[PDB]
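Reading through the structure tokens given below for one structure.
Chain A residue numbers are taken from the PDB entry; in order, the displayed residues are 37-84, 106-630, 692-1274. As the structure lists them, so they are numbered: ligands from 1, and atoms in each ligand from 1. Side chains are part of it too, since the values below use all heavy atoms of this structure and drop only hydrogens, waters and symmetry mates. Determined via electron microscopy, 4.4 Å.
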Amino acid sequence: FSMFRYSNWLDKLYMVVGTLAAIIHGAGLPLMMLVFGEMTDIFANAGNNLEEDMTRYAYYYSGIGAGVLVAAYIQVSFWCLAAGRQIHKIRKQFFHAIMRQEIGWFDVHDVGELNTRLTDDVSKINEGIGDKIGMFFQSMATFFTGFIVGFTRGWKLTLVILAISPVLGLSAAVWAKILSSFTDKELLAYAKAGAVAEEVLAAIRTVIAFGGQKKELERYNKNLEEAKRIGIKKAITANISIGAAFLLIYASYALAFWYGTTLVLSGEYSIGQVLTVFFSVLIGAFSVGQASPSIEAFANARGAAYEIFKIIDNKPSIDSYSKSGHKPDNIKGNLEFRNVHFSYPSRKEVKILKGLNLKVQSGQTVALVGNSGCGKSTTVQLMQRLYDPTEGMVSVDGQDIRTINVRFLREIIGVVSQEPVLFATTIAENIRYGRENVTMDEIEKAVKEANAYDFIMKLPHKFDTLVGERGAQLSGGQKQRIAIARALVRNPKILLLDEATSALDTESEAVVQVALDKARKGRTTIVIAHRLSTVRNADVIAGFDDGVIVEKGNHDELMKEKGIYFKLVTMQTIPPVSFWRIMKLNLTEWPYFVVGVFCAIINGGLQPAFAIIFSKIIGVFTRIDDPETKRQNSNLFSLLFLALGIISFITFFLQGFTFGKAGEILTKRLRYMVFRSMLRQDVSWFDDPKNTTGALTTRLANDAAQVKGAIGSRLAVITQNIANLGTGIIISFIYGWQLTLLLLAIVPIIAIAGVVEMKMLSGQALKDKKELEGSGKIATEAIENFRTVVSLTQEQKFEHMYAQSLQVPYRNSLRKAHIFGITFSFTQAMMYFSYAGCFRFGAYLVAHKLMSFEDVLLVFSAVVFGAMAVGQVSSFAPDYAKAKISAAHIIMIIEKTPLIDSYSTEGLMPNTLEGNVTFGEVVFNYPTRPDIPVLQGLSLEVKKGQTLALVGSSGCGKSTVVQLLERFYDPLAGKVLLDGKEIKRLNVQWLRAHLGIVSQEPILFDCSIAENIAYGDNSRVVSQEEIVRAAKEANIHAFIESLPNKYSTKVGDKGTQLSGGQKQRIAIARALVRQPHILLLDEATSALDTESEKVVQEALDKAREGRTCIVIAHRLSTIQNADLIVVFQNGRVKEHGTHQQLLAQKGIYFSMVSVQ
Ligand SMILES: COc1ccc(CCN(C)CCC[C@](C#N)(c2ccc(OC)c(OC)c2)C(C)C)cc1OC
Ligand SMILES: Nc1ncnc2c1ncn2[C@@H]1O[C@H](COP(=O)(O)OP(=O)(O)OP(=O)(O)O)[C@@H](O)[C@H]1O
Ligand SMILES: Nc1ncnc2c1ncn2[C@@H]1O[C@H](COP(=O)(O)OP(=O)(O)OP(=O)(O)O)[C@@H](O)[C@H]1O
Ligand SMILES: [Mg+2]
Ligand SMILES: [Mg+2]
């Protein structure tokens, strides 16, 4: 897919013009080097009227700068605008195709995956085609023009530069490869600690229950040691790469200076020519190297566009926009589905429909019979043309469905799904989407027929009542009524209904059925429902069976036949950050960071030191004396450069050595602390979307980088830039004053332009993301419910909505592109203007015999090159704002403290426990939703030698009762006593270790089976004999021994090798290993091999001796086993007492006993 540009051939002229302008701009700079060399030669000759030549050179430079500014502006703006238009066209076409694709194909591919692909690849293509191509062309032009200037300026110097360049290129490539490999290795190494932390967090409930934070922290630290070693190595490698790059650059500078000096002394090209050739060649090589990101983005967008086009270029079997079918004006109710075989493309192995014969008259309430997966919903979908028969025939009114106008059939048909959904728009908006041609009378008619008058009118904006995201403001019955009204709005030739009132209750069932039967003579109504009451009244009823119809006839006939229908009938019967707090790693590298500070100062002086060395070298030729021995002096100066280079390399050898060693350490500290803070966090805090397992893992992982950057690299860059600026400014002021003022007025304008570049880039990215998300809200709303939209056949409406939502920000995108191009051009414009003005005014100054040309050149080079290097260094460090925010969040998390300290030292820990507990007037809903008080003041009391059972409120929050008993949360109200003692005042770890609490679906940590067993209670070693005894007690001795490797075997990811029964048995064995005084099981039975579950329960009852056992199970046996049974209802104990008395009561216990 190399050739990606595919639209607006006329607009392609914009691309051609932009390419030409970029080439002109790129070739401009070598011309700048040539003219600067000529000006330097003129100045040197003056050292050996003058104002006239200086004015001519300044005029040439100013003209070149203005032309380069115009070219840059034109190229940037044109490329950006053309790419934006192309991206808009691509997005529009892509969304059109997606909405026009096949429904079955959409079911084939993930909806979320496709939505993310669109919303991401759009920006990927925009980035890879926006300006990176323009910058690449400009860099190629710079390379070509620099090479041409070098060749036309001299042979020996050009050869030397060409020989120097590829060594630097290869060194840069090797350094980049090493850095990438180191980063990948470090991420892989840290993955172990990341997995450990993720497992701990996900198992947070079990971890807190067992109080095993110590072992997890130890493992995390063990991994973090190697992780920090690798990170320090990688940081040192990156710093050494930068150092070696600078050292090689300086060495090339010194070698070129020596060679040019020798040539000039030998009568070769003048000093100006040699300097121009050298600088032009170096800058061209720099541009060639800097062209890489454009090519990388080109390749990335190439792959993205290949995938996107493949998606778009797909030709769907069912096309919404297609109109090749014949659409008769008069439709008479007549449907035929003969030998209709149909299989889901998602699951092609099984043919859900294996052929059947069925006919449908006109205006007949055809009803379908069959159990789940019998072929009812799929039958309707095939009838609705959502798919086609694998082997069969489908026709309407004596005509094949495919042989008719797809759009007309879709519009003239009505489909009501068992799970109706309304778009996120006002009820009136959704109704209009159902039928725009209603004319405001059909709306009222439907509202009255479906009874959408009271509910519809009640909400604010009776007709225009807005519905929350996904229609969260409407109830199930109201939603079903609205869907029915919307279906009736179209008044289709035929309609189909499923799950009339299968949402919450049959109250709407009566009204819904009455309304549906009110208007059914004029159109055939496919009847689908979960209640035989509605099915009985059907005029015509037919059965389904394994993709075939056997039973048939009305309710009376079906009952007489005593078929499957008769069987069903019988069955019915943003905190602020602290900058100083950031200095918490000083305890590690406070004296160590001094070496890094010294290295940074050394580099920031070396830059201006190189400036001074170059000034001296230039002055050597500028010296009128020009002795032969001056060459030696020149060599001396040249030698200095080489020395400076070494000082650079060693300097880097220190920087990465220090900061790395510092930063990783700090990282480790944070890693040791942040997660530790998470460990000592109340379970209440864990109940929060902000504290999401994935979110917490990402914060822990993608925060060490931010904190380390903000701490180390921010200070490093600040110090380096400050040192460079101070040294340069001081040197320039010492060597002249007026030129110092000129350079100080010139350079900061360029610096401000460079900063504004990044500011505008970030702001534009944010604004583009905002607008794209604005459009994508509606895009996704349509995509997720794609089936409903297709049924409605209103795809054009969503297409128009997306078109408007994209056009509205398209103009803003174009304007931003134009402004950014203008600013980018102005950057180079100011650059060249200042470059020329500095030379002009320095020539004026020296013409007055005030300042020597050598000093002026020194000051100018210092200012310009130092400013450029400072900007590059500032860009080198990652973003401070994002790093600052991440550090603020990490510091807030670490400083966070728990209302109840799980690691608190103090705590009431009497000699033993009374084996009793009491909770009266208990009140605690939850942290997330306090609007639902769960405990309404229940009463519960456990004593010695008694087991408690929970019944009645199977869903009111019984598990919450166990959780609170474990102190997982804090009661909203109600007194609680631990064996007549303050539960809160009790010990922290003592209570956690004492209680053998289990969960519904325990997740076994992916460690050794023996390791999992021993995880029951740390701080007291668990000899393998104890594990064996616990396994024997919990029927796990045979299970553990039979399992390969015996106890040595380790469970996979949450015990993937063993079924849920094995995991439950292992959890029970671990609990028994804990040997708790009091034990609790909460709905761990389920089915889980009913005989096996009963055996496990019997073992537990035999294990309940000398302990208080809490039992929460949905099995009558569990109710019988419990010594004491307490019910729950309305947050209170509806029933309680003995099992015989509870059964005697006519209460929820009686209903459960009878029904169960
Ligand atoms: C797209 O990025 C670029 C932007 C502008 C330029 C041209 C810069 N010229 C006006 C010369 C200024 C000085 C210069 C820079 N930058 C520089 C001086 C000293 C340096 O330290 C040794 C240096 O290395 C970072 C670069 C160039 C010699 C490469 C090159 C670019 O490619 C690197
Ligand atoms: N991609 C798929 N592959 C296989 N089976 C699927 C697929 N999508 C849905 N199914 C299921 O296959 C069955 C097809 O039968 P159909 O839905 O027509 O009858 P049903 O008994 O009314 O269905 P359901 O049990 O869904 O209410 C349904 O149970 C449906 O949920
Ligand atoms: N942080 C929370 N905020 C709000 N509701 C929560 C929170 N955590 C859990 N819940 C809800 O509390 C209930 C948990 O206890 P639940 O009612 O399921 O216990 P139960 O009586 O054993 O019922 P069942 O066995 O039917 O699930 C669930 O409704 C769960 O959605
Ligand atoms: Mg169904
Ligand atoms: Mg439960």
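- At ligand 1, the drug present is dexverapamil.
- For dexverapamil (ligand 1), the chief contact partner in this model is given in UniProt as ATP-dependent translocase ABCB1.
- Segment by segment, following UniProt's transmembrane list for chain A from the N terminus, the ones with a heavy atom under 4.0 Å from dexverapamil (ligand 1) are 5, 6, 12.
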